[PDB]
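The structure described below contains bortezomib (bound form).
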Amino acid sequence: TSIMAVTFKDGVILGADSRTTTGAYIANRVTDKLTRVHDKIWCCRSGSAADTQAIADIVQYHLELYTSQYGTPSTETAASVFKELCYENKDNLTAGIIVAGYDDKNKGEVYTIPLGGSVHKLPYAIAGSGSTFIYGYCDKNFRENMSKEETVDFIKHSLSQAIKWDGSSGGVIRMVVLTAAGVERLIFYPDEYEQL
Amino acid sequence: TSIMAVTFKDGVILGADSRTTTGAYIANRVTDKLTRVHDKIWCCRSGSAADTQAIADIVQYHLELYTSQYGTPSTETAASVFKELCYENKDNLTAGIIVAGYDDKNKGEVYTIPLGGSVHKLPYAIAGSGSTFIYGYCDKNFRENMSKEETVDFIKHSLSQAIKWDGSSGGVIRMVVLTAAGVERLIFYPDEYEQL
Amino acid sequence: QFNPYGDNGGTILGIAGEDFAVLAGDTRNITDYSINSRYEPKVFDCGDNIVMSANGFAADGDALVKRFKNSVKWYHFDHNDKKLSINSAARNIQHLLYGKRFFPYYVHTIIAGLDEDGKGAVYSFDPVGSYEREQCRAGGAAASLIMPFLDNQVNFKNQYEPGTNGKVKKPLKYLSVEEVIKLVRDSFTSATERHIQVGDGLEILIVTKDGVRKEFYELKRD
Amino acid sequence: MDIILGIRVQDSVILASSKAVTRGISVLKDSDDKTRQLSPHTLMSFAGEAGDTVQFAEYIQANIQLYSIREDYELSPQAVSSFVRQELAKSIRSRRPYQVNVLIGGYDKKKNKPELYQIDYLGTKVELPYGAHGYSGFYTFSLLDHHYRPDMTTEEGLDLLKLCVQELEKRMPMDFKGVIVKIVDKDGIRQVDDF
Amino acid sequence: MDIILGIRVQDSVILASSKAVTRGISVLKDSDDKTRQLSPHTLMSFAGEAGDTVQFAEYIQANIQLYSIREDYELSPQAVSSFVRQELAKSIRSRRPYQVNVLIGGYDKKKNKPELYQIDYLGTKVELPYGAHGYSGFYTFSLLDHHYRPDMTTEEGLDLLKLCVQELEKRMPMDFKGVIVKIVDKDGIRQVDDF
Amino acid sequence: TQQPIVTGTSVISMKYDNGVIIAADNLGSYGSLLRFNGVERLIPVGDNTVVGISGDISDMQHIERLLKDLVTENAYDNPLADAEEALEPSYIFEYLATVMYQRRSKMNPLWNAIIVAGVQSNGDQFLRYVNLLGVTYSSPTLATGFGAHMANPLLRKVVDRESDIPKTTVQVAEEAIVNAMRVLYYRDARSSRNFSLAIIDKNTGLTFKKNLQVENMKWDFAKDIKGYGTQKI
Amino acid sequence: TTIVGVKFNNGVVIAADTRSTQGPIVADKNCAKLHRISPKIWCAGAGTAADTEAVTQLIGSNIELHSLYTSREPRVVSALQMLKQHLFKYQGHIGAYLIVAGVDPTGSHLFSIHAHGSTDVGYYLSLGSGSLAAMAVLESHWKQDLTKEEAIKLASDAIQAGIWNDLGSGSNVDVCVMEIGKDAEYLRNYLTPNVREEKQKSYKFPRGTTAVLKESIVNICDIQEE
Amino acid sequence: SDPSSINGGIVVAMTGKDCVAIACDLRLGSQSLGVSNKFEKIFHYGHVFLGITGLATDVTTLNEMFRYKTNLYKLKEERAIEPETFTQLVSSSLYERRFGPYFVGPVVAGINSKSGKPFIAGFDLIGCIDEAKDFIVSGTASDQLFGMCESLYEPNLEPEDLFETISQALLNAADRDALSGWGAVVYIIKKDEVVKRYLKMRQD
Amino acid sequence: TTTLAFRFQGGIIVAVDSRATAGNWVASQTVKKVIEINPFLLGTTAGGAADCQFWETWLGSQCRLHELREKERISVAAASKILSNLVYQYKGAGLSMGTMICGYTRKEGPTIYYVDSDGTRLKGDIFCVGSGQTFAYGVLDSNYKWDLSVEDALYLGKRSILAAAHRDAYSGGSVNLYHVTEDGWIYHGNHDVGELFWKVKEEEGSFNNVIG
Ligand SMILES: *[B]([O])([O])[C]([C][C]([C])[C])[N]C(=O)[C]([C]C1=[C][C]=[C][C]=[C]1)[N]C(=O)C1=[C]N=[C][C]=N1
Ligand SMILES: *[B]([O])([O])[C]([C][C]([C])[C])[N]C(=O)[C]([C]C1=[C][C]=[C][C]=[C]1)[N]C(=O)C1=[C]N=[C][C]=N1
Ligand SMILES: *[B]([O])([O])[C]([C][C]([C])[C])[N]C(=O)[C]([C]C1=[C][C]=[C][C]=[C]1)[N]C(=O)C1=[C]N=[C][C]=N1
Ligand SMILES: *[B]([O])([O])[C]([C][C]([C])[C])[N]C(=O)[C]([C]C1=[C][C]=[C][C]=[C]1)[N]C(=O)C1=[C]N=[C][C]=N1
Ligand SMILES: [Cl-]
Ligand SMILES: [Cl-]
Ligand SMILES: [Mg+2]
Ligand SMILES: [Mg+2]
Ligand SMILES: [Mg+2]
Ligand SMILES: [Mg+2]
Ligand SMILES: [Mg+2]
């Protein structure tokens, strides 16, 4: 799995590959790892598919109930609910989740939650098995306050390399753009990103 | 360990960090992993220090005896002697070796020999624990027929990132330049390469 | 796998006199081959003229002492400020230790004081609460070094009277507080020489009818 | 414990049980009675893990005695054996199962028939003309297969039992220190004091 | 095998060895002689793992008999015991060690003294007034510590030996089927046919 | 029972004449991967205490929340919350020590080693250690992990016993701490160049220094080192 | 064990503590960990005591025969090569961790050797359980162009750090200085900062205190004449 | 299972003024079972004394081995072996079995016949030499012996005083060890006379 | 540990050793392995020190509560069964106990029950329990009779412990003797083995193997 979330001038963009594997067999080549827990709060999922789905479903429930009582939750609040589930059930879970959201007050934010259930607020985050192969690339190429087009290219180039080297990553590159304008879904096929 | 060898227009350059570790303790912070098996045939060593030294010492002996009888050996021949030792003793060895040399006829050549004892002739090669973090970077930034200055910058930037992310890599960046002109040793200190 | 136990080293020593009692212990605290502290008190005044030390795994040791001090406090509340006798304290400690029979306090406990007749008393415990009143006891890491010396020099074991040749034993004459402190200091100096977990400092608590007094001596720091 | 045998003849049931109790390398006792009277016409012998055997036997004894007082009536051997089996079948899926094998020898006063039931610690019940638990049956069943006739007398049953014990004393490695023999018939339960 | 005992009295050495051979749950034999005559005035009893015992004993026997023919002379019990010990000490660091414990009872014709040597499979030799291998000593040494005197006669030695065997027959769990007793003195080796 | 995932390395500390110093680097390691480079592992409690934590970072963040909640709870119905009834280092430590020992006793430890550094009401220096086993001890110098093996020897040359504390100034103490942090960067494979340092003085109060770097490093001699024995070039 | 090696202007110095342990017990308080391979090639040993002694004696013996065969003074690189190849062959089972130093016609040298056969080159080195304490001192106080006096001071201080802070090290500091164009000086017990204090009491017993059963003269002499 | 504590036993050696002393217990057992109370662990080759603790079969084997070697030494050298030289021979012989060792704890004691200097030495099972000035300890009660020796010992003791010190060190150490005791022997060694004393001790 | 108890004409003899060990280390030579439950009940301790001593001390509390409630001393059968039922609840948890419950009542006479941590409860005339039990059995079985004098029975018990103290490495220290009669138990002193061995050797002529 190769997943990442990147903050930029207008907000934040989530990115992911589409490969699910049972050992070396690709059980799903068109998986959607970018999942919605609220209107403009999404997450990237890595690790166990069952665990991350169960977690995401519970978080979506919590934020829906939060909204009914207290209005729209912050991205930090969403990250905290993820953390609470991941931390308290650390012995029984295998979940590496990146939480990304857009407020009007706070703008684009990214929180990464690795295996232990710790929380880390970052300008951008990478995770999954394939992320190992792009630490060098991403660190050298990331800039703060990029444009939408630059951020899309950054994620496209990064995940392209992660896919190239990681057997557990592959398929299409899915992306979700979170800004004041709304929510935009992007997809990029092998013929496009392999020749980069 | 972060090691690499890169062919370029005038020949080939070997590069390495200087860290030797026993678990998390740094047993040697100024290690020389670039070792000479012949005048213009060198190797980068990764894995067990004892194994790679023993192997390198045996290869140097073989090539010295080869030279006395048949004249200067090719880089391919040197790689074959490494392979023979690594392959036949695969059960008892932990050695990841990159062989690099300069002929006048063949110019700069690089052969990588991973754990199994297979041989792979490549334009450039990366190896060691820290190499994982720069597959993305190196693949995107490598070009064939680079200049000496460009190749030095490529290795310096690559190993800088490998050092940054890999705990088993660190210290100074050592480099050895192999051309028709001769053999040049280069060293780069933390204050220089960390700010890159 | 998580190991809930550890070994903090150290060594303790209790000797009962005729109208006094001493409880000594080194002040070194360790894990593996490192020193945590050169001065970490191990022998404690628990009130009612009773001194206590629980040597071995320091976390369990501190927990036990803390719980016994608590037991003394509640003994006063529940029984009209009655003085907890050394024999009653010893039985109480057995129940504290045996209460965790299936997840033991990993310590060797020794208490010292005066019995109800005013005579010197030392009680010694195993980790799960078996206890016994003794005239002499060393505990902890260097216990195997010190106890034989005390069998010889406190109870005059294997000693006989000259001229008789094995027929008449050496009489069991009583030892003064000055004489006991000499044996304690030599015991710990000898233990420090041959045991790596023993050293830094020696702290002795002396119990008499007048109260609890303290003495400190330097030990080798290597 | 070690050896317990049972044989149902014409008009009675005979139970034979070893007297030895061994822990480790020592025979602590050589006169142990490995049986309990459950009711006037029902006897149960037992063998298995130390402690469990007596605890189980006395527990069963108490329950049958309670039933007897409540109803002023003796349960049939079949009814007692079914109760015992259920307790063992319940036990085998417990936190710590009763590690006990039993023989139940009883005389049914209603049908005027002797009855022998063999039940193991799993709750495996079988009614038999002759039975055994442990390594005893490996020797005794061949002899009983040859000699046993269903219309034998009590005296003939005891002679056939002596032949079983003699074989065990010859071929078994463990010295079980002889057996206590008890007879269950219409008149109740009695012990053969010379065997 | 199981029990082997030895006692050195005034003018002789007495070895007692069990007759049982057990494999699994069956006593295959009850008249087995667990000993070999090494020389006219030297007897060796043995116990340990099946096969190894006899193989080792007969191997030693052959070597001592070879020495006797070559030199036309009988080795002293001390010399034989030292030879046996070296073989076992050699054996313990072999690919597959001899798993055999032995007692060597001999009468030294030069010194006119009986001698008893206890040697285990590791090659641990000790000269003793009385000895045993296995669990036998756990019972018999206390009795021998009490009764044994160094000037006992052969008849007194046999009575003290009967007291040892009686205790073993009372307290040991295994039925070892009695013992074969042999006496070693100045006149040679003889078997006590009634014991 | 668990295993630590994201981890922090050494925390080092010492006493000096008027207070205590404590320091720890800003790294959150993920095994051999030096994953997170901006982790603060010194957490102040009030203006008189700093808790330095090593080991599992998820458990560190939990402990950070407990301390934050402890301050909130202490202020409840407490008119002297910012004066006589403020939280002391000794109170904060004993609380943590209770939690650590309770958690180890349930076979579910907080996988950490903790040093509580501070100054008490009466001006006395407070410095005490506690870890995942509930083991506690105090010393003029305290260090966790690799610091125990490499920092303590250096810091003990400055303050070898109790009587050396009044003779040690804040400048000498800070110098020793900063040098120790350099040595750890040379020799600890799970350390970073960036670190935080905190001074708690009885006169000048709490001074919290962020974004410090290891400097004045010796690497020049590396150029002369060639081969592993016989090699000359 | 704490062993160190420090290069200086005109040579090299090695040092070691003197404690040997079996578990938590001190087997020897004044152990000699500095071994002579040849007159001007010495090495300090850590790990298994019999192994460091044996491997040094063997290589030292062969070095002597080699010196006689070639009519040349032995070189440190020869000792290094022979030690590493021997240790490599035994795959770390020979538990010898060595700091090899010396002077020869090529110059002054300092190397380390680990049990599996890997070698390292350096200006300052430390091995053993107290190597972290010693290396902390070396990393704090070492500089280029040290004098003989400064190198001895630095080396002994590094050992002291091991003596005081490592429970696996203790007692005394042994030193050997190997300067170019000079005899190597072996300073046995260079420092002695751990003398035991006077005991409070004398435990000399009165004669006849022990019970005896038998007495006899033991014949140690040969078979006599006449 | 542990070869060094199957049979049990102890040896201790001490130096005095122009004298040395070596002592041992007499027990040989099979774990809990006491077998023999006459198993002496001290041997001598000429004027050099050797005590050996540990696995009893190896104790016997090594005695026979060193008798073998010291006898050949004497025939070729035309003189008795000295303690310093014998110590090296023990070390050499033990190390040749590096990866298949004798499970023993040898102790050498004696006086050099030429210099008159008292000498003691101890070894581990694979040959490492511990050449102490004061005392050497070995066996299942080595912890106990260390404690006794380290407190009771003082330098330059006269032969008859040294006897008392070493005897009390052995006896009180043995009484705190289950696998040691059952009698004891003490050798007092001077340049040209050696006295052997059996000690009366508790027999449990 | 070696403990024994046997019924005879003059009631019951109880004899125990005094040694406690942790591996090969002798932890104590002065352990009280007989527990005075009441003036008529004795308990012996073998196995785990704490287990035996905690639960037999506890047994005395249960026996005292019985006679307060029932206005009558507890039977040896009932006292032994309280302990056996208790340890049976703990079966599998790892208690290590081998005990004799010895006493006299009017209805029972002199009675001995062997109770152990596996749940075994046995009434009998003779029992030896502990690591040195086999050694004690040797002396006891060869010399036992019903018609023994109090004096001779006491010596036999003392001598049997001595035998085991000699041969068993994990037994020794000293011998504690008790004599239980119709009118309660009677202590008969602590006997150090270090002095008792040589005394018995000389007077009895036994232990000719050993030199003295
Ligand atoms: B990715 O590889 O982490 C991916 C993300 C997931 C949310 C779709 N996980 C998987 O494919 C996992 C296995 C795995 C591979 C690599 C690292 C960690 C985990 N697969 C499954 O969970 C799975 C596979 N087949 C059926 C059902 N679930
Ligand atoms: B590098 O990390 O691979 C490095 C290269 C070596 C040739 C100097 N290897 C080591 O540091 C190895 C351990 C190791 C770490 C990471 C991957 C593989 C292996 N260390 C040693 O061989 C070593 C350490 N201490 C003493 C001796 N040898
Ligand atoms: B040091 O701690 O490395 C030291 C140096 C040695 C050369 C004198 N080593 C030892 O003290 C070793 C430790 C050790 C114990 C057990 C196995 C391997 C290593 N001790 C011994 O070699 C030793 C112990 N007891 C007697 C003799 N030798
Ligand atoms: B006895 O050997 O059973 C003895 C009786 C007990 C009441 C002191 N037990 C022990 O010595 C046990 C160990 C043991 C040895 C042999 C057989 C069974 C058990 N020791 C302890 O209970 C103990 C108590 N405190 C300190 C050390 N050991
Ligand atoms: Cl999914
Ligand atoms: Cl290397
Ligand atoms: Mg790095
Ligand atoms: Mg010490
Ligand atoms: Mg034997
Ligand atoms: Mg003893
Ligand atoms: Mg004994």
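Letters A, B, ... mirror the listed sequences (proteins, then strands); counts begin at 1. We read in the header that X-ray crystallography, 2.3 Å was used to get this structure. Both ligands and their constituent atoms are indexed starting at 1 by order of listing. Only a part of the entry is shown; contacts are counted within it.
Counting every copy, the structure places bortezomib (bound form) at ligands 1, 2, 3 and 4. Counting heavy-atom pairs under 4.5 Å, the chain with the most contacts to bortezomib (bound form, ligand 2) is listed in UniProt as Proteasome subunit beta type-1. Every other chain with a heavy atom under 4.0 Å from bortezomib (bound form, ligand 2) is named here: B, G. Lab note: closest UniProt active-site residue in chain B to bortezomib (bound form, ligand 2), heavy-atom distance to 1 Å, was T1(B), 1 Å. Residue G47(B) holds the heavy atom nearest to atom 14 (C) of bortezomib (bound form, ligand 2) of all those in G23(B), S2(B), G47(B). The PDB entry gives chain G the name Proteasome subunit beta type-2. Residue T1(B) places at least one N or O, backbone or side chain, under 3.5 Å from an N or O of bortezomib (bound form, ligand 2).
If you check each of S118(G), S168(B), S129(B) against atom 27 (C) of bortezomib (bound form, ligand 2), the one with the closest non-hydrogen atom is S118(G). Under the 4.0 angstrom criterion, atom 12 (C) of bortezomib (bound form, ligand 2) counts as having a protein heavy-atom contact.
The part of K33(B) lying near bortezomib (bound form, ligand 2) is the side chain, judged by heavy-atom distances below 4.0 Å. Other ligands and ions under 4.0 Å from bortezomib (bound form, ligand 2): ligand 6 (chloride ion). Of all the heavy atoms of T52(B), the ones lying under 4.0 Å from any atom of bortezomib (bound form, ligand 2) belong exclusively to the side chain. In the deposited model, a covalent bond links bortezomib (bound form, ligand 2) to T1(B) OG1. The residue-level binding site of bortezomib (bound form, ligand 2) (heavy-atom cut-off 4.0 Å) is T1(B), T20(B), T21(B), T22(B), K33(B), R45(B), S46(B), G47(B), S48(B), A49(B), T52(B), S168(B), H114(G), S118(G).
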